[PDB]
Amino acid sequence: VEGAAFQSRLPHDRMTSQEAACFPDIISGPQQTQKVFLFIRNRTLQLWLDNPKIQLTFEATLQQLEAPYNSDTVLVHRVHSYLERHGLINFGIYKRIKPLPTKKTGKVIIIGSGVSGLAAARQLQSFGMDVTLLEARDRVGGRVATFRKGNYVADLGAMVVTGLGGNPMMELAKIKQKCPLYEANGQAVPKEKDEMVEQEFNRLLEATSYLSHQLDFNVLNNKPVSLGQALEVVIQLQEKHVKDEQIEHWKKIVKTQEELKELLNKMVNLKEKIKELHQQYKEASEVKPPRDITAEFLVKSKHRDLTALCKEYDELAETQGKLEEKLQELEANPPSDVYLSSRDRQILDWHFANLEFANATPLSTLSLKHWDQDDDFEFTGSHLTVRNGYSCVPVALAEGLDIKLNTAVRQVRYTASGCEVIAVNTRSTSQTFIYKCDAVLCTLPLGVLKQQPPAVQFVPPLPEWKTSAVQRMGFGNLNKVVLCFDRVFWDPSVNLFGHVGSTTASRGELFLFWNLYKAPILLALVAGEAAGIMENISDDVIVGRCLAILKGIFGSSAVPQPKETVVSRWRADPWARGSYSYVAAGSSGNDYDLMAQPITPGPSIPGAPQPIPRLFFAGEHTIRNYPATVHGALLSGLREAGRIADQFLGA
Amino acid sequence: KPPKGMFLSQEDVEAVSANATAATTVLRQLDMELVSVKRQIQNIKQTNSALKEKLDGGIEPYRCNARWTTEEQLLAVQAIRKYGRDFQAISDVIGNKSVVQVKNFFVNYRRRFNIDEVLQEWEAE
Ligand SMILES: Cc1cc2nc3c(=O)[nH]c(=O)nc-3n(C[C@H](O)[C@H](O)[C@H](O)COP(=O)(O)OP(=O)(O)OC[C@H]3O[C@@H](n4cnc5c(N)ncnc54)[C@H](O)[C@@H]3O)c2cc1C
Ligand SMILES: COc1ccc(-c2c(-c3ccc(C#N)c(F)c3)nc(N3CCC(N)CC3)n(C)c2=O)cc1F
């Protein structure tokens, strides 16, 4: 039961803020009843999850509980209803048992038949509401978008399931997480190196986290600090401490050879002071043996004074020898010449491109403090790919539903009385449509909400607080090249392999190739600053640079001309205006929460009761904890559908 | 605290960011301090290498009984005016008297080789 709580992103042993607000009875009450609640919940979820291919009615739930549980049966019901409302059971595609409410209640216009839309639409329809979706495209699925010619199949948007471990989600495939790199020329990268740098990359990142949290380096010049800025600062400070070592060493060489100097002096000025004595002694020793005692003394005196200074010099002569090997050692323990080579900083640049890829933006742009706020909630499990094309999901969700394709929303009008959406035909701009509804669910991409002169007018205008969050948060970019061939010329044991770019400025450019699919297809990702530029570069040139890269790596004649090519231009695509959200410098994840707060119109006649809210938001860009994924969309949808039903069908 | 083998003082961060090129000022004025200290190293090696020349050859061409003769007693007294209390020197000079026999003599005669008077002379080095 408790790893069905986890499979539902819920704690098995505590009630959540959500549960608290729908069951204040139980959570303010005795600890015993909480356990009963929590059992019935965890169990109902387990039951749904065990067979989610078909509806779990209040009926079946009660039948398959035991013990003192189907004792209290308003509680089993209050719970089962709470779960189905918040889309924890009976969501997605399920064979209904009790067929749909005869006649419907309230009318909702959903803008977009992306996954956030479809998910909300199905829920709202399942609760007996009149739902119509308006989609500008000639298809469903939005940023889920699968190319399909012959047996060729390639996703141009989402292609990964980053974990099934508590993920609300068709043929999935593990990723062999072994990725060989290939410098500009074609030369693989010795595993020796690949590991040096991946470790340096990993350390460089933790370094920025320390630099952020411990050292509190998040502002600098009023302007806040990008992950980029922090990484450069860290790398500079590493370069500096290379030199700080280089110095303190070549400096403890000098200190040592100004001891050899000070001593080679004493040792010269003894050779001399000893030459004298040995003269003076030869001389005194002329005066021959029948001699008086003042001259036997002068002989003997000298002879003493001379075997004294001879020992003293031999003592300084082993000291000479120590100081001389001590030095010959240090002269052959040079510390590291450099922090990283050039070939190194170029492979580091690829590890940074891989980061620019996932986050779909230049690290210039990521919040140092907050880029990774979503990180505690990554799922558990193997990261997978959809072999058969992700399109299967939108399409599957769409059937049942009232979807108007080629219907571009131009204006959204929301008043105390209700809403009208004004849309047009994309195939004649001129032909106009007016949808009147109780409530509008906006799943417009953040790209579109951001369009500098608007694609869509809100009447009245979205409040400061909303538009400010839209301005603040980042909407990135990430493009793909689909390479279709007659024959499997790469290494088929290998899922993905990197290309290392010449410069920093080009680390994004066809930096990584995926083999995912049944057909002979290679995916080439453009990430970072590259993603944005290549959109303004002819299809042919791009497929050029692809084949170039591939011929250098594989042999100039194993690499055919391609049967079919596609190239994403998501920033230029006006129904997306980019790939997905990122927490920009000076944004936080709070903005994801503002993005999801619905809008409540002013009163129609002044001094009339407070209205009902009318304008609701879902989409990738509206879910703090699962931004920039399909699941996050899917959830934002289920969520809004609940918030809307709680209003227009009562809580 | 910083991951192993990264270096980040509160101090150094403030200092490599305090303007828009503190960055590559700091890196260079070390690059430059480095060549200075390499140049000092060559100079002090040349200087040292000369003195090893001056030392060529080294110093190679430059190396008991308890009955006191009168010869021996007079060698002692003189050794005293020129070694004060260095019984090892005095014994080395006299040739054939342990460092004790010196110290003894040093008292036995003391009165009649004016040895106090001898030692206040040796005071004046
Ligand atoms: C290249 C790329 C790769 C990705 N890879 C992955 C990945 O591997 N795994 C993963 O989990 N996530 C991935 N994502 C994220 C995932 O694709 C999105 O988070 C999700 O598909 C978007 O859900 P949504 O319903 O919020 O948006 P959308 O799919 O954008 O839905 C919004 C809909 O509104 C429509 N629309 C826009 N303007 C108008 C208008 N004026 N009138 C009417 N309709 C309009 C659009 O055409 C679209 O159908 C990727 C995204 C991209 C771009
Ligand atoms: C092995 O290959 C993988 C490569 C990338 C991820 C990954 C992705 C992601 C992003 C874009 C694509 C595409 N195309 C993708 F396939 C995956 N997107 C995200 N992000 C989640 C958090 C958000 N802020 C941004 C997207 N993350 C974290 C990822 O780990 C997972 C993998 F298994």
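Chains: lettered A, B, ... by order of sequence lines. Numbers in chain A come straight from the PDB entry, and the residues shown are 174-342, 351-832, in order. In chain B, numbers come from the PDB entry; the residues present are 309-371, 379-440, in order. When a ligand or atom number is given, it counts from 1 through the structure's own listing order. Header says: X-ray crystallography, 2.9 Å. Atoms considered below: every heavy atom in the structure, side chains included; atoms not considered: hydrogens, waters and symmetry mates.
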A.B. asks: Which of MK-5108, EXP3174, CC-90011, PQR309 is found at ligand 2?
C.D. replies: CC-90011
A.B. asks: Look up in the PDB entry the name of the chain making most contacts with CC-90011 (ligand 2).
C.D. replies: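 Largest number of contacts: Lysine-specific histone demethylase 1A.
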A.B. asks: Give, by letter, every other chain that has a heavy atom closer than 4.0 Å to CC-90011 (ligand 2).
C.D. replies: A
A.B. asks: Please state which FAD-binding residues recorded by UniProt for chain A are within 4.0 Å of CC-90011 (ligand 2) (heavy atoms only).
C.D. replies: A:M332, A:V333
A.B. asks: What species name appears in the entry as the source of chain A?
C.D. replies: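 The organism in the entry is Homo sapiens.
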A.B. asks: Which residues, given by chain and number, make up the 4.0 Å heavy-atom shell around CC-90011 (ligand 2)?
C.D. replies: A:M332, A:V333, A:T335, A:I356, A:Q358, A:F538, A:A539, A:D555, A:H564, A:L659, A:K661, A:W695, A:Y761, A:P808, A:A809
